[PDB]
Every structure is written in C-alpha cells, then in structure tokens.
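The structure to be discussed contains resiniferatoxin.
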Amino acid sequence: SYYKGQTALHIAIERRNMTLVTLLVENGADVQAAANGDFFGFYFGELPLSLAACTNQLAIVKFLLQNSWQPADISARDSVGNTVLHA
Amino acid sequence: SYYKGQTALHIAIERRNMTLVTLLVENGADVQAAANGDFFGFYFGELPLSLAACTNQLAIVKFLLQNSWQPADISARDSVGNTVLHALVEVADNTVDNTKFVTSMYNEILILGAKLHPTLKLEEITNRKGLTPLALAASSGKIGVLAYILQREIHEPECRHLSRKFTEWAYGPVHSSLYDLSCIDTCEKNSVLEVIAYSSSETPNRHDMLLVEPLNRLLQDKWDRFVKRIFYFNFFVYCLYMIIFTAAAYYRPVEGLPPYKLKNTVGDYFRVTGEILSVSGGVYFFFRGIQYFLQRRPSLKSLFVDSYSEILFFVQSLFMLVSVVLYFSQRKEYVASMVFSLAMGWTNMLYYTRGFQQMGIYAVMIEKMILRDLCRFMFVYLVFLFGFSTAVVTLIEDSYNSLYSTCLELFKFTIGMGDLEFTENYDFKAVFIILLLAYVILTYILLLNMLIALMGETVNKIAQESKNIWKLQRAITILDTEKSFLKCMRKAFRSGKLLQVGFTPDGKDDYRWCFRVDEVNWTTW
Amino acid sequence: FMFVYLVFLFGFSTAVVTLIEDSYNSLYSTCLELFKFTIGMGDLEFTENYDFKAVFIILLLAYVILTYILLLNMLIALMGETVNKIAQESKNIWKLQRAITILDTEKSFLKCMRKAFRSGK
Ligand SMILES: C=C(C)[C@]12C[C@@H](C)[C@@]34O[C@](Cc5ccccc5)(O[C@@H]1[C@@H]3C=C(COC(=O)Cc1ccc(O)c(OC)c1)C[C@]1(O)C(=O)C(C)=C[C@@H]41)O2
C-alpha cells in the first residue's frame, strides 16, 4: 500500500544519486514496474521514468530510456491512465 | 538606587571591553551580585550575565559562565523574578535584524545550560507572573521569538533532547514534522493559546500569531474533531430558545395584571412552559456572564473593546431578570424590559456568525462601527442638535412647541425624513427658515455624509483582513468550548500521541506529548 | 446580507409588536413598516398613543440608527467594493463572456460549423 513497489531505486532518484540509480539497473532491476499507494502526498506519476523526469533529473531519464539492459517505456501509464506527459 | 550595585564591570560590558571584563573577575570580583534601580531606562536584567547576553557579547557570557574563579549562575533571577531567558524575550522587538540576534542568543545560552548542567532544564522556570518564556513572548506580542521557540530543532545528538520539533522524515516536497505541544495545550500554569486569545488587543500580532506552525494545525484540529459540532449544537439550542421566547412573549396574557392565573387549557399550559424556559435561559446567561467577569476580571478601561459579545449576552439577561422582578411585583412594566430583552436576543445571533468564515465580518463591522465610528460622532452631532434646537424653540415661543418635539423634528432632518413646511405662521419667520436651512445643510448634507464616509473607511479596513479576523474569533470559541466541559478536554486526546522518541543525557527514557504535522515546499529541491 | 438584516428586522419587529399589543398592528405590517425605515421611506410619527411609549420611541430610534444609518451603509460600501473590483478588469470579463457566446453559437448548428471553414486552411 504505502510502500507498494517502491524500491531503493526510487529513493536514489529522489536523492539525486547518479551512482545508486545506475547500479540499480546494472544489477538487473526492471524499471517497468511502478509503485502506487495512497501517499503516491505528492503525485509525480507511478512510472519511475515519470518520477525522474518530474524530479529535475534529465540525465537519469536519459539513462533509463537508453538503458540497454531494460529501456524505459515512454508511453506507459498508471492504473488511472495518466502518462508521463500528463504527469 | 540609581547606581545600586553597578560597577566598572557593567560599564566595560556595555562598552565592549574584553580586557576590562576579564580583569574585573581576574582580580576576584564576583558577578553573582546584581545591580538594580529605577533606571534599570532600559531593562536588560539585573544579573551581569543577562546584561552581557542582551548586549551582543557571546564571548563575555561564555567567559562569565566558564570563569573558574566564579562561574555565573545561569538560573539566577532578580527580585521580581525574571530570569535570563525571560530577559531575552523582554528585549525582543519583532524587527528582522533583532529577531535573528535574540534567537541566536537564546539558542546559545540554552545549549550552554545543557552542556554545563544536563540535569537541570532552564526553560521551565517561571517569573512572579508565573508565565514561561514562550508564554511571556505570546502574551507580550513577540511573534518572532514565539515562532522561534515553538518550532526549533537541534540536530546535534547531545543537544537534540531539548528540541520542540522532532522532524520525522522528508519525502520530496513534503516535510513531515512532529511537534511537542508539551506546554501549548493542557498545561496547568498557563497555555500558549490562552494567552494569545485572552489578550488586550493592544498586543500587536495576536491576529498573525495564530499562523505559527503548530498552533494553526492544532486549532484547525480541535475545530474539525469535536468543537465544530458542539458549536452547532449550541447555535441550534439558542435558536430553539429564541423561538420559544418569541412565542411566549407574543402570546402573553394582555387582560389583567401580573401575575396571571394558570387557565386549565393546553394553549395556556404551553405558555407557562414557554415562560419558564425563557426565564431559565435568562438565568443561565446571567450566571455565564457573571462567571466570565470573575475569571477574566477585564479592565474597566477595555470592558467593551475586548468583551463586546459578553456584555451583550449579560445585558440580554439583565433585561429579563428585571422583568421577572417586575412581573412578581404586580407591575405591568415587565413588558418594557421583556421586549428589550427580545430585540437583544435576536440581534445576538450575530455572535454565532463567527463560526462561518465569510459571514463573520458583519458582526465585527457592527461592533467596530458602534464603538469607534458611531460613539465619538455623538458628541459632534449633539452640540448641533441641542444648539439648533434651543435656538429654534426659543425663537418661536411667542411640532416645534417643545424641546423634546423640536429635537425629534430636527433629528429627522438629519436622516432625511423631515419636512421643511413653514406653513404655520411664526414671528421672525425669515430667521426660522434660515436656521432650518442651515441645520439641514450642516447635518443632513455635510455632517451625516462625514459619518457615512468614516464608517466606509472602517468597513474597507476590516474587510481586507477577513481571514485574520475570522481565525482569532474561531480560536476564542475553541478555547471557551474546551474549557466549558472538563470531561470534554479529558477525553479529547488533544495531543496527537504520548510517545517516547529520545533519551535525555541522564540516561532515562523520556516520553512526552507530541502531534505530527505536514507541510509542502519543493522550491529548494 | 439577508441573514444579517433579517435578525434585526425580526427582532425589532417581534419586540415592537409585542410591546404595543395592549400600522404596527400585525407581524406582516410591522415588518413592512420597519423595512421602509431601513430604506429611508418610513415615518417616525408617534402620533397614535401606545402604552410604554418612551420605550417604543427608543426601540424605533435604535432600529433606524442601526439599520438605515449604520447597517444599510455597510451594504452600500461592500457593493461599492465589488463594483470597483470588477470594473477594473472589464477587458478580462468581456472576452470570456464573448468566448462562451461563440462556443454556444458554433455548437448550436451543425451545418454552421461544417461550412464555417474555421481553420485558416
Ligand atoms: C452593550 C451595548 C453597546 C449596546 C446594548 C444595546 C442597548 C444595544 O445598543 C448599544 C448602543 C446603540 C444603541 C442604539 C443604536 C446604536 C447603538 O449597542 C449595543 C446594542 C447594539 C445592537 C446589537 O447589534 C450588534 O452589534 C449585534 C452583535 C454584533 C457582534 C457581536 O459579537 C454580538 O454578540 C452578541 C452581537 C442592538 C441592540 O443590542 C438591541 O437589540 C437593542 C433594542 C439595543 C441595542 O448599546
């Protein structure tokens, strides 16, 4: 609920940690999974790419989308239906 | 007297002489002795340590307290009872430059108190008045010092055990916090809310002193939780009381002389119940008004400025006690008092419009235009009324046949309801017309439009601050409702929780009252 | 302003009609006769005798001062503020009301929009 799906990747993104976010997907973590809850408060979107875009990290969004291990889905949406552009 | 106890040490401290102050105690001088007098003018405290702290000398206070020859007593007080912490608040003046200084000095002396004497805490002490430094700041109007005290956190682990606001966490823009309220609500000696609300209104920031971090949420919590329904129950019961009282007054017996025999019919049995309920509500209001004045004992100088809505509910009951006295004295005049108590009661429903944000400024405007604008305009208008009335009634002695009748007939000219007839012949009728034409121009046109333009300014000045006026009137209601019923406060659970979140340097776990709050600010990333 | 004024009207009206039970002979008639005092169209006569006439005059004089002078000039000063606040933005108000009309007219007739050629090209 409150922490449904949230991982150290989200905390690092919110903390402006370039090394932590890089290592998260380097190990093999998948960013497609999204974290949702009552707190998600400040609504920055559920997709990690949306969170990174909204949190003033263009390097992070570029890395997530370009990631060869698992590129982020630009057109993903939450259960409600808001997209990254909507966020 | 003037120089009682003052030494070269005090002069050096005031002169910013580090060498002189050092040598003073190096020779063997004792700082415990304090100098007091009529001049002590600028009150910086009697203790030399207080003077040094107030005079922007942190090095000097540190030297005095650390002095191996004779360390200063941090918790000393004067004859009156003000401590160094009290002196720090006494010298604040709400200005931006002064606030940072006084807060810094307060913080430094507090940290020194903990480092030197962890066992003892210096903020809890009270002066002769019996109000703690935060209470003193609230009562005296020092919004800056109060804001600093209420929300301050020390991140040093050793010095983090005496903070008020234990931040719980921050997650992006939102910064959840956990305030103390350990002596804000339900503190025996005094509460920081009570002194803010029950102020002379000469205190400057009381309107804006309820925007401080914990107080706003604390009051909006008591309102939303339980008080907002007690207030509406009270309003509904007063509405029932006024409807019953109006019905019983309207249908009163008219043939005979009081008291009246109880006719054996439903219509006349209901009327006696209405009379009984109306009188009982007139004793409840009487006792509530008496109790208000006993507890508060407001100054007779400011009886109407601060307790305008409590004088009126007391008068609206005095008029009915005076009618039940005259009703059993076989006097028909009890009606002349009852209907005055009836018009009082209906217009007293504007007291309950402070439970509505938008509707609560009409009550404030009516109150403020009767006391300020309309009260001091009655000496200006009455000289005109009594001068042009004596003049008019003396001229035509030979409607305008009496002083009462002439005063009435000229009052209607002021408010535009009078007729300039001149039909009835009078001796000296060219000077009577001139007198009346002068009166109408002076009062109706010139002088009544001055009042209308001065009340407009009042309305304009107190219609901008509607948010400020509303919240204080709501805080007063919350305080009164909370204090009305003891079990209400007992079962209110006003504090968010009673939790143990840290340990004091003494090694014993400390549990205190606290209340979580939240705020949003992302501009700083 | 109708909850503020009606407590005064109904309080000084019940008071006036209760006092003189022994124009102001009914609740409707007293409410009407005191409403005209508020708007300056009423007459303070006191010609007809009443029991307790020194407290009836006091009641009516209080009502006129409170409503006609004090309380009606509060409404007149509060509406002046509204007029002043929405007379500065006339350009802003006008264009939105014009946009609503344009939208309604366009949506009213389908062939109108079809043949409008709204887009430049
Ligand atoms: C205690 C005071 C000052 C007061 C008591 C009475 C006599 C009062 O006249 C005044 C003076 C006055 C009289 C006549 C015209 C204007 C002013 O004002 C009120 C008082 C003035 C009004 C009440 O108008 C209000 O201000 C209602 C009100 C506003 C704000 C409130 O917080 C409030 O709480 C109860 C009530 C009408 C009378 O109360 C009323 O009903 C009658 C018949 C007399 C009015 O004296």
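To find a chain, count down the sequence lines: A is the first, B the second, and so on, and within it residues start at 1. This depiction is restricted to one part of the PDB entry, and every contact reported falls within that part. Order of appearance sets the numbers: ligands from 1, and atoms from 1 within every ligand. Atoms considered below: every heavy atom in the structure, side chains included; atoms not considered: hydrogens, waters and symmetry mates. The way this entry was determined, per its header, is electron microscopy, 3.0 Å.
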Resiniferatoxin: other chains, heavy-atom cut-off 4.0 Å: B, C
Recorded source of chain B in the PDB: Rattus norvegicus
Transmembrane segments of chain B near resiniferatoxin, UniProt numbering, heavy atom under 4.0 Å: 3, 4, 5
